[PDB]
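Bound complex of Farnesyl pyrophosphate synthase and zoledronic acid.
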Amino acid sequence: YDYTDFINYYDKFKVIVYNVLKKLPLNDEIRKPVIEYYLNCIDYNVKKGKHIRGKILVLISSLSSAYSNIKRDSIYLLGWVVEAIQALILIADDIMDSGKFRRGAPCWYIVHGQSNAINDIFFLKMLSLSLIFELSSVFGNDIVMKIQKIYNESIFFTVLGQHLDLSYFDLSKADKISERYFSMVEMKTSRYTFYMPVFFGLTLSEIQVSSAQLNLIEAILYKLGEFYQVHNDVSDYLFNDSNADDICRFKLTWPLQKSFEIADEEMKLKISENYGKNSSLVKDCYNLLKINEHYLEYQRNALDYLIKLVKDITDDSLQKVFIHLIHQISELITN
Amino acid sequence: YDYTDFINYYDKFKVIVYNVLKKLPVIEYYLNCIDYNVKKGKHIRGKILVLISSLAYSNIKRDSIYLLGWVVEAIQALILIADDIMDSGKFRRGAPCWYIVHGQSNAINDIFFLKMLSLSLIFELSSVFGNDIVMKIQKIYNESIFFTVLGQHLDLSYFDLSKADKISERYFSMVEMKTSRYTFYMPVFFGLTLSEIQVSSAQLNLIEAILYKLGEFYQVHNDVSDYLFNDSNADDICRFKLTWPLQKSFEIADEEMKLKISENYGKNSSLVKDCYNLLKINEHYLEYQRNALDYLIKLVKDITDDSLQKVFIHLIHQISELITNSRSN
Ligand SMILES: O=P(O)(O)C(O)(Cn1ccnc1)P(=O)(O)O
Ligand SMILES: O=P(O)(O)C(O)(Cn1ccnc1)P(=O)(O)O
Ligand SMILES: [Mg+2]
Ligand SMILES: [Mg+2]
Ligand SMILES: [Mg+2]
Ligand SMILES: [Mg+2]
Ligand SMILES: [Mg+2]
Ligand SMILES: [Mg+2]
């Protein structure tokens, strides 16, 4: 789709941004490249990262209830709010995971120190919170309250998911591993990534009134969800050769859980051991059973399943939005 | 005061968090996070929420209030765990900082826990007071932590000693933002809201003028305690922080001491402190803290409502007692 226009709204978002930082009263503005620090921050973090999720809200927003003026902009804004929200999440993430890189540029916690990273996170959170309260002018009180409730659930869930991700207690005799993993992925990834933006979408959209069987869309966003997380995990096993990444950590991953549904007593002693220590050797075992083989299997049932539940949408017009959605996601994973 | 039983509602406050946690080990993780971080300490800021909220005794939004109080206790704890990382805190409230018992990745993550939680429990007050109140509660919170963060940025963003014509102005400006206003404006302003009191808005900026100096006076002491007792490189000076003492010493030092500070600032805090004592800076807090109180009292004495200068008399009493009955001899 076009989508160039959302992306052009940025500059009114920094207007709308900069036009908050009138925070102190009675001076000639000297103490006040604080306002310059955080515009910088925004260009760096919010101004990179594909803007996948903000797209999804603006996408979903433009079909369920086509717009034509003057709320159109309240949507772009939130879509950049989404992006600002996502960004703060992965600033946090890159810290916890000692990451190096993101959105092309190195990690913010790297450049501006970790102590500043932590402050800027909740800066971005607090601007998002207060920016969401702008809508009330354009969209009315209850439609912003439903937007709140959605912000809260998704960011909270992400926080419990991110907690499982951190949890030091992955064990040897683990046969629920597949269920630890996937249902964490639902929390730490699918909520903010797909649930939040899509469900944002049709608050602003406010149409149509689809209910009851509307657990269907939350069943697609779930799978899109782990579709993503499960692609991001593979690309890590496939595509980084550093002297410490993922399985260096005790990182509950897709190639590790289904190497635990195929491997033997002998293999599962392989993983257990040099996990956290020897990623190459663990990566080797991964090769042996060719992780990206079955990975290529996941993908087609994972698209098959999305496909068939696509053609079960009550909204012929929202049927195709998700088919659009499912399409770019795949492509985006296929790059 | 009591107060008993805002503290005793902590139980009922826990139950409401556990029920937020029907998602569905993590539960027992985060229930202990809150006991570890929220249950522990003086609870001064949630104490303030009720006090102000005290003198419409008509509904059982008296639980509701309490939970808010404990929501306010959560916000300070999740502020402060942030702080202890950024500052290399060792101990807070007599106990190992959270990022220490639970490392940085979790302390960072759990900050997000304490704060979404804050957000959710607030969101569910719509029933008890209804839409307009919550909406307004929602907007103190946003300013309060928003300014706190800017305030925390400034604490991180180091000053220019060389150009210290008025670092004091930075100091007090930073101070009002990183402290005053999640400590004082937010608690006080939540409680002014739940109450819905009659309402002397014109007479607002006065009590607003009070919170400014409740706040100032709060930090100013903290900064001096650190100066007075903290013995390490993990300290104010070694960490190169902008603080009442060094701010004053620049107001109070000849061109000798002041050049001799900005060199050991902040490597050999021993030497930085040596000066203060021969600036006798602890002399200068006391005449501060001395003038702090009456100016709060003058200030307090001008509150019109007369049922709202009451609790603002207890408020002023509480903090000064708090700030004065520390390590004395
Ligand atoms: O694998 P992670 O969960 O750390 C990641 O996917 C980020 N993330 C964090 C929460 N959900 C996803 P990324 O590989 O982008 O660093
Ligand atoms: O000295 P800080 O301002 O960092 C402090 O007073 C905490 N704080 C943080 C913001 N306002 C106050 P603490 O000495 O308790 O670590
Ligand atoms: Mg990561
Ligand atoms: Mg991660
Ligand atoms: Mg990853
Ligand atoms: Mg500190
Ligand atoms: Mg500090
Ligand atoms: Mg201090």
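Lettering: A, B, C, ... assigned in the same order as the sequence lines. Numbering, chain A: per the PDB entry, residues 1023-1357 in sequence. Residues displayed in chain B correspond, in order, to the PDB entry positions 2023-2046, 2055-2085, 2088-2361. Read the numbers this way: they start at 1 and go in the same order the structure lists the ligands and their atoms.
In this structure, the ligands or chains belonging to zoledronic acid are ligands 1 and 2. Under a 4.0 Å heavy-atom cut-off, the other chains found next to zoledronic acid (ligand 2) are B. Heavy atoms under 4.0 Å from zoledronic acid (ligand 2) belong to B/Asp2115, B/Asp2119, B/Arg2124, B/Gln2184, B/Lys2210, B/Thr2211, B/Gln2251, B/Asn2254, B/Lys2273. At a cut-off of 4.0 Å, the other ligands and ions listed near zoledronic acid (ligand 2) are ligand 6 (magnesium ion), ligand 7 (magnesium ion), ligand 8 (magnesium ion). For atom 1 (O) of zoledronic acid (ligand 2), the nearest non-hydrogen atom of the protein is B/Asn2254 OD1, 3.0 Å. Among all protein heavy atoms, the one lying closest to atom 7 (C) of zoledronic acid (ligand 2) is B/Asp2115 OD2, 3.7 Å. Per the PDB record, the organism listed against chain B is Cryptosporidium parvum.
Lab note: no covalent bond from zoledronic acid (ligand 2) to a chain modeled.
Looking only at heavy atoms of the protein, atom 15 (O) of zoledronic acid (ligand 2) is closest to B/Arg2124 NH1, 2.8 Å.
Ligand-side atoms of zoledronic acid (ligand 2) in range of B/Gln2184: 9 (C), 10 (C), range being under 4.0 angstrom from any heavy atom. The nearest heavy-atom contact from the protein to atom 3 (O) of zoledronic acid (ligand 2) is B/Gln2251 NE2, 2.9 Å.
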